[PDB]
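Entry featuring sutezolid.
As listed: the chains are lettered in turn, A, B, ..., one for each sequence line. Heads up, chain A uses the PDB entry numbers, so what you see runs 23-215. Just so it is clear, chain B uses the PDB entry numbers, and the residues here are 22-93, 97-215, in order. In listed order, ligands and their atoms are each counted from 1. Looks like X-ray crystallography, 2.3 Å, at least that's what the header says. Values below: all heavy atoms of this structure, side chains included; hydrogens, waters and symmetry mates excluded.
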Amino acid sequence: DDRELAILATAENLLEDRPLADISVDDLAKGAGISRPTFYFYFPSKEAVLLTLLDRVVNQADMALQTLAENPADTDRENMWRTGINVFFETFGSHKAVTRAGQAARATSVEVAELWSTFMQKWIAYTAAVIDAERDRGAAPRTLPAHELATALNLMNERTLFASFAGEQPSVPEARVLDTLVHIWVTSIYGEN
Amino acid sequence: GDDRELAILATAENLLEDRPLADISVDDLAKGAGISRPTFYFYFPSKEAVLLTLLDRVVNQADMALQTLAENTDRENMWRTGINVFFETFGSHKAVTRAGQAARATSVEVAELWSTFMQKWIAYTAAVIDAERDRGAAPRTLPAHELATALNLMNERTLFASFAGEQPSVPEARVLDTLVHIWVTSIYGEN
Ligand SMILES: CC(=O)NC[C@H]1CN(c2ccc(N3CCSCC3)c(F)c2)C(=O)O1
């Protein structure tokens, strides 16, 4: 239980400058102070260590958003979307290596692909519901179907925050991505040509 | 573009419609093109190199199409015809598009190829935004390059999700209207 934390902390540290494939099971066992076979009391494989790390990061975001879902709407409509987008920016930005490794594994692991697909569907669904609620109150024009607008905005964030977190080029500079995304959500959700 | 080289590339693109590159053998490619296996290795060293040539061909088709409309309306239409170049070019080659995106995690050439063209299309977008600012048609909100980067990355992710049939995704029939709406509102809107 205490050695299990050691294995996860070692994996997250090692993933910062090495992909999971360049990480052996012996690597994690040494990092945790245990023999290699003793690892398998805690985890069936290194893939399961990544899955546990990703599940905790994803659920950290999920609980931070749901905390905002249960509490009154902010007088300031720009700031309500900024606070939601910032959960993603801060949660995943605090676990870049796991975020990166998680994205790579979406191609190879049905568990990872399902975790990420399901999380994105959940928060796209929530975004569509807030937009539709904004229309019902007259705060937002009835332009595009809410769920399609919400999907594209959420897909932009996934791609743009990942590009920023991985240091890719092209990419928005890290200190600027929050303002950039918020501007595009707010104008596309509240404007009409 | 040798006559047998085109048969290899056409066979590859056909087979990629329903099978990933990993389920396609060199023997699959040779037989489809009506050639021997050594003939195959006369033109390509690997099936990955076939994919790279295929993707290089569609990427550059989109680019050329984009430059000729740059070489030449209504505001919404400008951005729509521009976005449509990518929706139509990559939409006419969904198999190569799907395989191209998968190979970006394994092939540095594929990665660098895509990255180089995205930077070019992003810089182009920023300059057009800048010129709509210069003539007073667009407000000076975010820096043009940052706005251009998030919008182009949106299109990349959203266009791939449709062509790859993912969930979540925007239905193919609605992706152009969706993206056009977000561009024109975010480029021309303030507050
Ligand atoms: C499938 C894929 O990945 N596409 C990549 C990007 C490129 N791009 C893009 C670039 C330049 C413009 N121009 C066209 C003339 S007018 C001013 C804007 C444009 F509309 C769109 C996208 O939206 O997707």
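The macromolecule with the greatest number of heavy-atom pairs within 4.5 Å of sutezolid is, in the PDB entry, named HTH-type transcriptional regulator EthR.
At a heavy-atom cut-off of 4.0 Å, other chains contacting sutezolid: B. At least one heavy atom of B:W207 lies less than 4.0 angstrom from sutezolid. Considering both main-chain and side-chain atoms, B:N176 comes within under 3.5 Å of sutezolid through a nitrogen or oxygen pair.
Those atoms of sutezolid with a heavy atom of B:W103 less than 4.0 angstrom away are 17 (C), 18 (C), 20 (F). In this structure, B:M178 falls outside the shell of residues with a heavy atom less than 4.0 angstrom from sutezolid. When each atom of sutezolid is checked for a heavy atom of B:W138 under 4.0 Å away, the hits are 2 (C), 3 (O). Near B:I107, the atoms of sutezolid lying under 4.0 angstrom from a non-hydrogen atom of the residue are 20 (F). Atoms of sutezolid found under 4.0 Å from any heavy atom of B:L183 (numbered from 1 in listed order, with element): 1 (C).
Other-chain residues and nucleotides with a heavy atom under 4.0 Å from sutezolid are B:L87, B:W103, B:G106, B:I107, B:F110, B:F114, B:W138, B:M142, B:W145, B:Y148, B:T149, B:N176, B:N179, B:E180, B:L183, B:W207.
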Close N/O pairs between sutezolid and protein, under 3.5 Å:
residue   : atom   : partner : partner atom : Å
sutezolid : 8 (N)  : B:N176  : OD1          : 2.9
sutezolid : 23 (O) : B:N179  : ND2          : 2.2

